[PDB]
> 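Below is a deposited model of Zinc metalloproteinase-disintegrin-like VAP2B with GM6001 as ligand.
Here chain A follows the PDB entry, giving residues 195-609 in order. Order of appearance sets the numbers: ligands from 1, and atoms from 1 within every ligand. All heavy atoms count here, side chains included; hydrogens, waters and symmetry mates do not.
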Amino acid sequence: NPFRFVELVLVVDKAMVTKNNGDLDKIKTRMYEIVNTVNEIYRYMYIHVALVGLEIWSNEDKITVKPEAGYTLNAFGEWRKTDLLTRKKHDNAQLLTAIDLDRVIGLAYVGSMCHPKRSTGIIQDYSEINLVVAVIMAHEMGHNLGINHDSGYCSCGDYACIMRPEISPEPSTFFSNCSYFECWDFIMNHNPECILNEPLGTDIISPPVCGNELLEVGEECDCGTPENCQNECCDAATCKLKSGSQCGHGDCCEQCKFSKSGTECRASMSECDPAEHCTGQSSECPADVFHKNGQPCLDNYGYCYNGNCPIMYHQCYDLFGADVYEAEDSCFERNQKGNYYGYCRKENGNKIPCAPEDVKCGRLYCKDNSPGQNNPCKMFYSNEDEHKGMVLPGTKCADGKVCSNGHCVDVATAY
Ligand SMILES: *[C@@H]1O[C@H](CO)[C@@H](O[C@@H]2O[C@H](CO)[C@@H](O[C@H]3O[C@H](CO)[C@@H](O)[C@H](O)[C@@H]3O)[C@H](O)[C@H]2NC(C)=O)[C@H](O)[C@H]1NC(C)=O
Ligand SMILES: CNC(=O)[C@H](Cc1c[nH]c2ccccc12)NC(=O)[C@@H](CC(=O)NO)CC(C)C
Ligand SMILES: [Ca+2]
Ligand SMILES: [Ca+2]
Ligand SMILES: [Ca+2]
Ligand SMILES: [Zn+2]
């Protein structure tokens, strides 16, 4: 599957509810319209956009929406990370506000897709023309997808491109060649892991549309307009199966037919993640199944965590290469300092030192015996991302103990 998927959640501030005289149906119908155009705008980029959530703050805003863009994007991002994402599985979120932002009409982080807090942007309800707001949105999500503003030798035709630093009064639905390459550049170097999965039809709240290249409720298949459709098993115009086709979508559908029962359709990540198989009568691969966390794995050197068996040895290896292993216990005592690298967790942007007992769950230390030198307590630190180098959650920190939220606790009570 060449296509990536952005499971989007939109949020409407109270300023907009009031501006629309409380007509929630009107607001909703309008969001469906806008997102539909965004999806069309993103075909070129081999990216699909599906609205999987819509929250209207008709009672009161859950953050203070100020005309100061930066403040508002940051708060929305925090709220999204500590609230929205906590209870709603989605990849990106945008806030629409009738409040007139200062210097701009939209603002978003760059190259932050899937980031719990930064995978967001704010959009001003600049115009009643859905194509216009659809442009702002595609633009802010563009930045999220690692795209920067066009400049110099960038082109999308004799039209006004989407990523220009200013919106044109004659907005087009085109991304520049520069936007394209920079986007997939981000998609390669950085891994937007959350835009790989295809959203289920029941996950989309917009009204199903046959032809948007998205399989929704009431459709057996969907390959877009009859002109772009390259799916032999589907009748584009009706989204119905045609000919000797027993299916036209799914990881268990090969050449318009169910794959033989027992066919693996999702490989196993580890002894903690049992692979999945096709039934022979279904086209969809069953949902990913992981063994229960806490299950002993890798010959007792670890315990299962979300389908993987994280252990300090592999972590040292991935961080420093060969000839590196778990440092002696004394090394980890550095974690009691609460200094720039030695700590267990963060709370309100504060580095919390490890309690004497949670020392194996903070910054990771490895004894380095790779050629050339000696180093008993090697540790990795980069203010580019302070979390890198930290012991992973679910890692065995002692006999019968695992790391959970920066604490070394009993495996038995950990899950
Ligand atoms: C995005 O597409 C651009 C082409 O559409 C591409 O290259 C730029 O394209 C123009 C013509 O479209 C080239 O030609 C112009 O400049 C030369 C040299 O002065 C003249 O001889 C021509 O008559 C014309 O005026 C540009 O030279 C060329 N610029 C670059 C960057 O090489 C962009 O590069 C494409 N973007 C990317 C990076 O993929
Ligand atoms: C009507 N107002 C606009 O078009 C201003 C113009 C502008 C603000 N700061 C600038 C710096 C350099 C060049 C132009 C501007 N730009 C915007 O609203 C753009 C802001 C942006 O980069 N959002 O991600 C989003 C917009 C493209 C939809
Ligand atoms: Ca997703
Ligand atoms: Ca559809
Ligand atoms: Ca599985
Ligand atoms: Zn921009």
> Which instances in the model belong to GM6001?
ligand 2
> Flag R297 as yes when one of its N or O atoms lies below 3.5 Å from any N or O atom of GM6001, and as no otherwise.
no
> Nearest protein heavy atom to atom 25 (C) of GM6001, by residue and atom, and its distance?
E334 OE2, 4.0 Å
> So which heavy atom in the protein is nearest atom 4 (O) of GM6001, and how far is it from that ligand atom?
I361 N, 3.2 Å
> Measure the distance from atom 9 (N) of GM6001 to every protein heavy atom, then report the residue, atom name and distance (to 0.1 Å) of the closest one.
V298 CG1, 4.3 Å
> State the residue and atom joined to GM6001 by a covalent bond, or say none.
none
> Could you tell me, atom by atom, which parts of GM6001 come under 4.0 Å of a heavy atom of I330?
28 (C)
> I'd like to know if atom 7 (C) of GM6001 has any protein heavy atom within a distance of less than 4.0 Å.
yes
> May I ask you to identify the nearest protein heavy atom to atom 15 (C) of GM6001, giving residue, atom name and distance to one decimal place in Å?
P359 O, 3.5 Å
> Among all the protein's non-hydrogen atoms, which is closest to atom 21 (C) of GM6001, and how far away is it?
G300 O, 3.6 Å
> Between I299 and GM6001, does any nitrogen or oxygen pair lie at a separation below 3.5 Å?
yes
> Would you mind checking which non-hydrogen protein atom is closest to atom 27 (C) of GM6001, with the distance to 0.1 Å?
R358 O, 3.4 Å
> Under 4.0 Å from a heavy atom of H337: which atoms of GM6001 are those, numbered in the order shown and with their elements?
22 (O), 24 (O)
> Please report whether GM6001 has a polar contact with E360, defined as an N or O pair separated by less than 3.5 Å (distance criterion only).
no
> Around atom 22 (O) of GM6001, find the nearest protein heavy atom and jot down its residue, atom name and distance.
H343 NE2, 3.0 Å
